[PDB]
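Notes follow the structure.
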Amino acid sequence: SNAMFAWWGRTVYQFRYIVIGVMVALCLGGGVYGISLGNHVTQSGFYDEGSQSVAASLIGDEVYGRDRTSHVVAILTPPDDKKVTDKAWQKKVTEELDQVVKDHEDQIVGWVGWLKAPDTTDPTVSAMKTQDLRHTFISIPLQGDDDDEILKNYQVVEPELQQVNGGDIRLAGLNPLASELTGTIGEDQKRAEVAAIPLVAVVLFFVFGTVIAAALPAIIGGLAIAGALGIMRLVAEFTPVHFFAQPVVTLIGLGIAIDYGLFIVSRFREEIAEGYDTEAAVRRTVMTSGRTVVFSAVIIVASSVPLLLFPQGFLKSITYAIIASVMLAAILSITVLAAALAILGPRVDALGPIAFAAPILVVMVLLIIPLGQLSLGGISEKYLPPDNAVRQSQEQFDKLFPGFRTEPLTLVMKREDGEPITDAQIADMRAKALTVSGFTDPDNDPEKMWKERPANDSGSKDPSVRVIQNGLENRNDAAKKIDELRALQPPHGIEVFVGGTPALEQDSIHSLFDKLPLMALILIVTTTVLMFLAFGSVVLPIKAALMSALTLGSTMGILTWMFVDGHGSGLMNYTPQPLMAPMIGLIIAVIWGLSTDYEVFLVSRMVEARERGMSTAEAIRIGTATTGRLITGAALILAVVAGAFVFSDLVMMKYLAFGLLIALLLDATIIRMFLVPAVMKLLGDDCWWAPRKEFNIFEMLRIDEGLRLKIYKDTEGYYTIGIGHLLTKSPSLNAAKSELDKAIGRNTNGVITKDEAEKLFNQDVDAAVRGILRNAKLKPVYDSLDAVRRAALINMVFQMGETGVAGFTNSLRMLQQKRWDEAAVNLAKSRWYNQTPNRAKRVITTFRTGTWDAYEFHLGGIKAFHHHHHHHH
Ligand SMILES: CCCCCCCCCCCCOC[C@H]1O[C@H](O[C@H]2O[C@H](CO)[C@@H](O)[C@H](O)[C@H]2O)[C@H](O)[C@@H](O)[C@@H]1O
Ligand SMILES: CCCCCCCCCCCCOC[C@H]1O[C@H](O[C@H]2O[C@H](CO)[C@@H](O)[C@H](O)[C@H]2O)[C@H](O)[C@@H](O)[C@@H]1O
Ligand SMILES: CCCCCCCCCCCCOC[C@H]1O[C@H](O[C@H]2O[C@H](CO)[C@@H](O)[C@H](O)[C@H]2O)[C@H](O)[C@@H](O)[C@@H]1O
Ligand SMILES: Cc1c(C(=O)NN2CCCCC2)nn(-c2ccc(Cl)cc2Cl)c1-c1ccc(Cl)cc1
Ligand SMILES: NC(=O)CN(CC(=O)O)CC(=O)O
Ligand SMILES: NC(=O)CN(CC(=O)O)CC(=O)O
């Protein structure tokens, strides 16, 4: 979990050109493929595919024919205050309808209404005119055998349909609504493009203050959107992908991808500032923030995968879109972006107590409970704003022609014997149905209840299956009534499925509450276990768990307060109503994933700040201080993009956009600035509790002068051993062993162990220090600098002796005055740099940054061994 990133940090620099070359190609390549996604999405996926109501629907459609009476209904109004019985007006509007049908029989079944045969004596067909005879409504059924294909047929037809009767015609019903709701997806996209993008740019340019560093996270976000669209278009080949998946790509793209790059470009900028070369800088960015971004991605994946337990194809498409977008953004941010930073380098900056935890926990259990007012429902026309025209057409359809809009509950019966269902068997099942109270009798007659479902040409008309249906008299009674009709023991040899839109809707709701317990368990445990792996603590996952658990109930609290009870509904032009039931599942996961993502970008920095070597109090203030500006900048970029989506006409889109605004504002202030810094010193030293090598001068000179466990001849021809330790200049090898035996204290016959070399090396060091402390030109600088920077100066004394490095009077002076950059530049102009660059560049870098990094990740190995000065004996 800590060396692969060092592995990848090195190689993304070596092959930086092909890396930026291939994945930009594929993302753009995915972009051209993915643009077609909108023509391969579905509106279906809100019900439970394994439910008995879905079985009841499936069987009922197959046998009786899909119900198409609610597809399109159109209200007609004669102009100039003529009345619909005007035979001239009648003649002109029907021949217009007849012409629309003949032009579009591949999409229109036909049109039916009182306007056909206006001399009829039918009570219901005469109920298609109003009493003042100034409005009449026709029903216009259409071709197709899934929702999607039928909607694409309505949109071909309605331009030519809206113009009948000189435009004085209002279109309502299933397909007009579905068209308006699915049409909000496209409008919310263009509002993101227009408002969020420039706003995001401004926030970036304020966080970085320079064009190049600001433009990079924007280009990453663009590439992730292009790549994720290509992936989801590919997923479309194999399984239906809901409409709602496309806005999810845009969100994560403009939001998380851009925020991922903000964290990385910011970390590259700091490492440049601390004196690291750019290829050093790229490696340590990947090893820290790249690891943080990667583990952020897997956390979010760990939070969205649990939604795959729910059956709705709607939640599955969304889950796939989160997964694809999020890690494409992680992968993009440590490939395309890192390679870019490796190419440019510094030119990214080229252009222009209990006193606060208590009165806050009080107000967040304050908000958790407005829940319990939470109610759930299906799609109605109320998902649109009240001034929306087609919603108004529906609401006046149901005012002028009441009683045609129905949601009958269905008892689909089938006998797998295969032979017909006799009249006594349905009279049987009918009798069992009148058992249950709560159903409608416009006839005051039980004998006229539970009529057969109507049947049309699309139906197979198999005799071994019959459907009877009857509307409900109060739909809030539906869940229990449905359970009651299923409790009926069927006749002998028949299976009875309970159908109807209230059965589909209710069965969907029952599946969520049935799998919601386990979903909550998987989610919080895997996120918990994950954070234990990211830090090594066992309380910092548990501190994050109950904070996240609390910002969840509070945000759900406000949302119910706003969308069930309506506080803000008049302001923001939405109707208060029960929530789309699978929206609760989606909202829970994404908000949980957001709360725990905040607790990694802040705490993983102070986990880093403390493992370096510090106590608590400061580690948290370092962590909070260095991340303070970045997390707000990241917070505002999310808040900007989400703020565009709160103005969506579709009320489930507003619900979700608001959930994130309330959630990311609550954590970017109340939690991050106040509550957990409080609890982070409150329980202050066991933050890092869990039940389950430092570099040094030995290891650095081992790299620069080698480590040899048996006598060898150096470049000059002299017998050497260990770390550059000269034994003798005698040609006799026996004289070298005689001296090696003397130095170690035993018969070596030319070989020592590692610890023996270490004991020999230390003696050489001690002699080098004694010399340094006895030179007027080296001792003052030597005293000036720290343990690491002293090792670099001892290295020089080893390679060239005291007189040698004492000749660097300027650079030693600059080092004494802590002017590291000036000394690094001056020393690199020496002759010692050009003769032994790999070691001089390595040593100078240690003066610049004051750490071992040039030695912990070094190039190749050395091939020319040379005994150092200050060989002790
Ligand atoms: C981006 C957000 C978009 C918002 C969503 C738009 C709301 C419009 C809802 C229109 C649905 C048409 O409802 C009318 C139909 O419903 C059921 O069939 C539907 O339910 C079955 C089991 O699910 C499927 O197998 C059928 O294919 C499927 O047509 C009935 O069995 C049909 O007799 C009836 O014709
Ligand atoms: C969420 C949005 C919800 C939208 C709500 C909108 C609901 C609208 C329901 C419309 C019900 C229309 O009613 C349909 C009627 O017309 C048909 O009969 C006709 O059949 C022959 C056609 O050639 C002719 O002989 C005669 O015109 C006639 O008898 C059917 O047999 C019956 O079904 C019913 O009588
Ligand atoms: C700081 C950021 C730097 C770079 C950010 C730029 C990202 C661009 C915003 C989103 C990417 C381009 O659009 C992505 C979306 O559009 C596609 O095509 C459609 O685009 C319009 C839809 O309203 C119509 O004009 C067309 O009918 C139709 O083909 C897809 O159908 C959608 O699935 C997809 O979501
Ligand atoms: C899980 C998450 C996060 C998150 O943890 N972000 N982390 C990133 C690193 C820094 C700390 C915050 N953000 N967003 C997000 C994305 C776009 C916008 Cl417009 C607003 C937001 Cl809230 C979402 C998210 C994911 C899926 C959906 Cl369907 C909706 C929202
Ligand atoms: N790096 C050094 O200090 C060597 N100096 C020589 C000196 O200061 O005596 C060369 C210079 O003036 O830059
Ligand atoms: N062959 C080597 O690696 C010797 N080194 C010099 C040394 O290690 O003393 C060459 C260099 O660093 O440029």
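The first residue in the sequence is number 1, and the count goes up from there. Keep in mind that the numbers below use all heavy atoms, side chains included, and drop hydrogens, waters and symmetry copies. Whatever order the structure lists ligands and atoms in, that order sets their numbers, starting from 1.
Out of cefazolin, rimonabant, contezolid, devazepide, cyproterone acetate, the compound modeled at ligand 4 is rimonabant. Here, the main chain in contact with rimonabant is recorded in UniProt as Trehalose monomycolate exporter MmpL3.
Heavy-atom distances show that, of the SQ109-binding residues UniProt gives for chain A, the following lie under 4.0 Å from rimonabant: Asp597. In chain A, numbering transmembrane segments from the N terminus as UniProt does, a non-hydrogen atom closer than 4.0 Å to rimonabant occurs in segments 4, 6, 10, 11, 12. At a heavy-atom cut-off of 4.0 Å, the residues contacting rimonabant are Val248, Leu251, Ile256, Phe263, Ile322, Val590, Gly593, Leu594, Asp597, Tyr598, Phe601, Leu638, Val641, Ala642, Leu660.
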